[PDB]
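Summary heading: complex between fasudil and Rho-associated protein kinase 1.
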Amino acid sequence: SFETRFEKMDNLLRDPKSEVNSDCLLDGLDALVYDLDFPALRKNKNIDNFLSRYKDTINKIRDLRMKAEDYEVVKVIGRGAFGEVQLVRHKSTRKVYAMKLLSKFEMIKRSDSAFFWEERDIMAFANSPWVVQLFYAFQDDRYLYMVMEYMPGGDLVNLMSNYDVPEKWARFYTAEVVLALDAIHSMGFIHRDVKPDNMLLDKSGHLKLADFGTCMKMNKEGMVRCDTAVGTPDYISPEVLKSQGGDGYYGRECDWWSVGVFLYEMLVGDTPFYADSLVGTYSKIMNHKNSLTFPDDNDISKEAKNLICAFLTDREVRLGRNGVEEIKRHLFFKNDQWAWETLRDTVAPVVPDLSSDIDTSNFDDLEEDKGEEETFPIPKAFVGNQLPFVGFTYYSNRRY
Amino acid sequence: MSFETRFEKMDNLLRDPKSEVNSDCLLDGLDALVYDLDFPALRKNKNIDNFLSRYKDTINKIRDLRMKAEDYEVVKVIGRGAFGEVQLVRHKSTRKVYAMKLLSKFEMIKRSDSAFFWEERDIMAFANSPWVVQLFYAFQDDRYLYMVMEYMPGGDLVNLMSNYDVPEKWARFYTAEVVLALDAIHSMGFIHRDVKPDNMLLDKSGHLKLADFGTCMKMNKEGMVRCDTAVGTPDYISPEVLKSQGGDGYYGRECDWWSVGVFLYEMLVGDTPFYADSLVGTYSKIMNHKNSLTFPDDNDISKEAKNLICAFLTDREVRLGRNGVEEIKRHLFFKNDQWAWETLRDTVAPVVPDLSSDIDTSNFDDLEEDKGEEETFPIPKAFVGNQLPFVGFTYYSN
Ligand SMILES: O=S(=O)(c1cccc2cnccc12)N1CCCNCC1
Ligand SMILES: O=S(=O)(c1cccc2cnccc12)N1CCCNCC1
């Protein structure tokens with residue numbers, strides 16, 4: 001029908017998940033002009049003509065659309081390959097955020113994943129108090145930007161370095177993590193990289209997961225097929241580690257194993273598979289059956305040792321293989337301070353005391369500035385480097 | 001501007017028809033970027049092979065959903081030449097009759113001239129004047145631009161003049177409607193440059209409208225328009241536009257009035273005042289208009305008619321209409337007791353077409369067969385971008 005058509009087309013233009021919404025189209029055009037405006041390319045009439053036709057237009061667009069200079073960088077609060085994360089204040093709204101920058105070039109400079117789609121998707125649509133929230137995603141010719149909510153409480157790595165974590169606390173966090181992961185699993189993802197670095201605390205001291213660059217959609221059997229291991233040395237599960245071209249087919253248990261590693265570390269202060277060198281940790285992980293030993297410390301409760309072991313074991317017998325409910329029913333969690341379904345409503349073990357909306361006391365210092373890093377080389381022929389990053393923008397068609 | 005402002009100015013830009021970034025335009029940019037990239041040679045680049053593999057599913061569905069050629073049933077061709085054929089079409093779904101124009105993307109690309117259509121699209125889509133043929137839909141594909149306009153069943157003035165020995169009363173009426181039409185086009189800030197009987201069409205009521213505006217241009221600060229472009233059929237073209245072969249020339253709107261003069265002479269005489277066997281012949285006689293312009297020894301043509309024709313057919317500097325349209329309207333030739341300017345298009349036309357059906361083409365000559373195998377673009381080894389000149393042409397009405 002002539003009506004049905006105008007409508008479907010209207011929906012494809014609106015839907016916050018359509019590959020051709022205003023966000024995708026404005027991006028598509030923005031990408032083109034960006035990937036054409038080079039003297040070597042302008043030699044071609046069409047290109048030159050087109051660009052002059054859209055010169056005034058494209059410029060007005062880039063001034064109306066969300067851009068980097070719309071934010072006042074309060075301070076850098078995290079770095080990594082592919083880019084950094086900075087405490088920013090939106091110049092116009094005065095609203096404070098944690099904006100994540102991603103070097104378009106760096107990711108293109110061998111990253112073999114396009115990981116950022118998962119992260120954009122999850123943080124933008126999860127709508128879970130366990131997931132860091134993405135408010136805006138925009139880009140330019142050099143960086144991807146992810147305007148997320150700021151977690152003033154800092155990460156769990158920082159917390160652990162400042163306190164000798166008592167069981168009560170360890171229980172609380174392990175519990176919030178378990179609920180957080182369960183929520184991510186519910187969205188149909190295996191996290192694959194559960195670690196204290198990605199565990200952040202809000203202004204109330206409650207946990208949220210950030211950084212989902214390793215998340216991968218589970219199949220109908222609830223499994224994942226991967227020939228190359230992903231994650232972190234200390235926390236990678238024996239199966240994700242051994243994952244080979246021979247198959248590489250594991251379930252969500254790999255996350256629970258990591259939770260065990262997480263628990264062991266809070267109580268002990270060391271990782272269950274620490275070694276002189278990374279490669280040592282590798283051997284100790286595969287040999288978990290023998291390498292998993294607790295130091296002679298009379299303070300790790302029976303239950304704690306039990307759960308840690310229930311997690312740090314071969315997938316087939318690992319606690320969690322039979323849904324999250326069997327983890328929750330473990331004795332280690334048995335307490336008289338909270339119940340699972342109301343946990344994030346109980347008072348946290350460490351509540352941050354913040355001086356201002358931009359208080360970064362719970363984040364280690366970092367240099368700032370650096371000096372504009374090298375990006376793509378000026379094209380001699382049409383390369384189209386902005387094409388892989390079309391539709392990343394989350395601004396014109398976001399969900400409400 | 002607040003964040004709310006900025007956000008909304010942008011969100012409205014996506015919905016404005018008069019916007020180059022409207023959703024339709026943007027959808028072109030993508031639709032196009034798929035065509036001028038989906039070549040085995042270009043697939044080598046991953047950013048391309050990936051970009052295309054991602055939008056394959058989507059882009060196809062899009063092209064099928066949007067307004068496409070096979071949405072129209074071609075009733076009969078009613079005009080050809082230029083870069084395509086004007087055909088009588090009935091919308092398959094709405095069952096509405098339209099005059100659809102086609103423009104070979106390749107043909108334009110081939111012989112430069114791939115920018116004229118912007119003016120025509122704009123004027124016919126936004127003029128909103130009864131003196132202008134209306135553009136309802138403008139869509140495209142990889143090969144043709146399409147301009148779904150309103151059908152003018154009364155045919156053109158060329159046809160009318162070939163069937164009647166135009167009397168003065170009639171000549172006056174049409175000259176008057178042309179004058180009003182052009183003035184309206186001038187009001188939008190355009191110099192027409194190509195006023196001729198071919199583009200003068202009559203509606204079902206026998207009233208004039210201008211079609212084909214692919215020669216109009218925006219008047220600069222002082223109301224002029226420089227230009228350098230070859231000239232086809234100079235019969236109606238003015239001395240200034242002619243002496244402007246190469247950009248070495250700025251002319252006013254009075255170039256259109258000269259054409260109106262040519263128009264009037266032809267209706268009353270039956271031939272163009274500067275006709276010659278060759279194009280260069282006509283051109284020469286046009287330049288030597290101070291001497292070449294003669295009237296036959298049959299004083300059928302009235303005093304006023306001879307005056308106006310001469311008032312138009314003269315050097316720009318002294319040409320009638322250099323002091324606004326009002327001095328043309330006040331000419332005696334138009335002095336009559338049948339109509340007044342401000343109500344002219346409300347008076348009964350000298351020739352009202354009698355139509356048999358909504359698809360009656362009796363007032364249009366049968367056209368030949370093209371037999372043409374419209375050449376196609378060659379497979380590019382790099383990025384040619386033969387779609388970029390036609391990006392933002394797509395236009396829909398509400
Ligand atoms: O800056 S973060 O990358 C970071 C990522 C994502 C969202 C964030 C929200 N607020 C603060 C920091 C955030 N981060 C802080 C210290 C370094 N460890 C990783 C967590
Ligand atoms: O068919 S047309 O091309 C034509 C052009 C533009 C709009 C039209 C609208 N209705 C009918 C014919 C139309 N045309 C009549 C015959 C040949 N002379 C040129 C004008």
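Proteins come first, then strands; the chains are lettered A, B, ... in the order of their sequence lines, and each starts at number 1. Numbering of ligands and ligand atoms starts at 1, following listing order. The figures here come from the full heavy-atom set of this structure, side chains too, leaving out hydrogens, waters and symmetry mates.
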Quick one: what other chains come closer than 4.0 Å to fasudil (ligand 1), going by heavy atoms? A
UniProt ATP binding residues in chain A within less than 4.0 Å of fasudil (ligand 1), heavy atoms: A:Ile77, A:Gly78, A:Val85
Can any other ligand or ion be found under 4.0 Å from fasudil (ligand 1)? none
UniProt domain (most residues in contact with fasudil (ligand 1)) of chain A: Protein kinase
I'd love to know which UniProt active-site residue in chain A is nearest to fasudil (ligand 1) and how far away it is, heavy atoms only, to 1 Å. A:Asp193, 10 Å
Source organism, chain A, as recorded in the entry: Homo sapiens
Residues near fasudil (ligand 1), heavy-atom distance under 4.0 Å: A:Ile77, A:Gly78, A:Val85, A:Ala98, A:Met148, A:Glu149, A:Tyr150, A:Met151, A:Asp155, A:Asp197, A:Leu200, A:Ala210, A:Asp211, A:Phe363
